[PDB]
There are 2 protein chains.
Amino acid sequence: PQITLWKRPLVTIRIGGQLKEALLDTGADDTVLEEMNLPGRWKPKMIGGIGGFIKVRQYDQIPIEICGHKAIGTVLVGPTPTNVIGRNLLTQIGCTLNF
Amino acid sequence: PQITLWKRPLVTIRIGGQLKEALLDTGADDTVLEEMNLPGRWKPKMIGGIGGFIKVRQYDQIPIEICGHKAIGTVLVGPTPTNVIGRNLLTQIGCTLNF
Ligand SMILES: CC(C)CN(C[C@@H](O)[C@H](Cc1ccccc1)NC(=O)O[C@H]1CO[C@H]2OCC[C@H]21)S(=O)(=O)c1ccc(N)cc1
């Protein structure tokens, strides 16, 4: 799709059979989801955003379907204000910025 | 142009007499720039992201040039780790997401 920016670029994602809304976030290097359960091993990690640093759980090789497009990659889970899809997965789905 | 997301979408902006590098950030509602002593009135605001909130000064109707494109609108100034061009100005320069 082509998505304009007069509204937040929120899209439905499917992850682990669950449907969630997430924000396409070109200013995020990483994909960060709000607290949820995911299977398998994870590693503790820390990440910084505008307001400082948080702890997250880093899960590798997770499938997410983003607006029907398939990705498999790293997903960080922790106290983000909102689910964000970052460039690690935006690149997988062929997302670009155009003007 | 088209900007892929293999690396951060950093572009050149001008505000005035200051040229700075800023992210084209679809996850940012409003543009937030690092500390600068702009002329005119402003209002205090607090904005939130990963890690919590920061305090910023909201300046309105500021002309910025982004990759040679004209924009004018709100600019929040405060101690952000990274300059971001948010949706308020991205729309003005014709920026969409495409996949
Ligand atoms: C978390 C989002 C809903 C909102 N943010 C925009 C977001 O693009 C920031 C923009 C950003 C970028 C760098 C540093 C601070 C903030 N990125 C970010 O937090 O990314 C984190 C996840 O991947 C990592 O890569 C970058 C930092 C990590 S935000 O910076 O907090 C923000 C909030 C309000 C406005 N008006 C402007 C910006």
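Chain identifiers are assigned alphabetically (A, B, ...) following the order of the sequence lines, protein sequences preceding nucleic acid strands; residue numbering begins at 1 within each chain. Just follow the structure's listing: the first ligand is 1, and inside any ligand the first atom is 1. Structure method, as recorded: X-ray crystallography, 1.4 Å. All heavy atoms count here, side chains included; hydrogens, waters and symmetry mates do not.
The chain in largest contact with ligand 1 bears the name, in UniProt, of Protease. Looking at ligand 1, one finds the drug darunavir.
The letters of other chains with a heavy atom under 4.0 Å from darunavir are A, B.
By UniProt annotation, the domain of chain A with most residues touching darunavir is Peptidase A2.
With distances taken over non-hydrogen atoms, the option nearest atom 30 (O) of darunavir out of B/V32, A/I47, A/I50 is A/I50. The source species given by the entry for chain A is Human immunodeficiency virus 1. For the pair A/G27 and darunavir, the shortest N or O to N or O distance falls below 3.5 Å. Remark: darunavir atoms within the under-4.0 Å shell around heavy atoms of B/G48 are 31 (O), 33 (C). Where the criterion is an N or O separation shorter than 3.5 Å, residue side chain and backbone included, A/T82 fails it with respect to darunavir. Checking the UniProt active-site residues of chain A against darunavir, the nearest by heavy atoms (to 1 Å) is A/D25, 3 Å. Checked by distance only, darunavir and B/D30 come closer than 3.5 Å through their nitrogen or oxygen atoms. Residues contacting darunavir within 4.0 Å (heavy-atom distance) are A/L23, A/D25, A/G27, A/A28, A/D29, A/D30, A/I47, A/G48, A/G49, A/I50, A/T82, B/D25, B/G27, B/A28, B/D30, B/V32, B/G48, B/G49, B/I50, B/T82.
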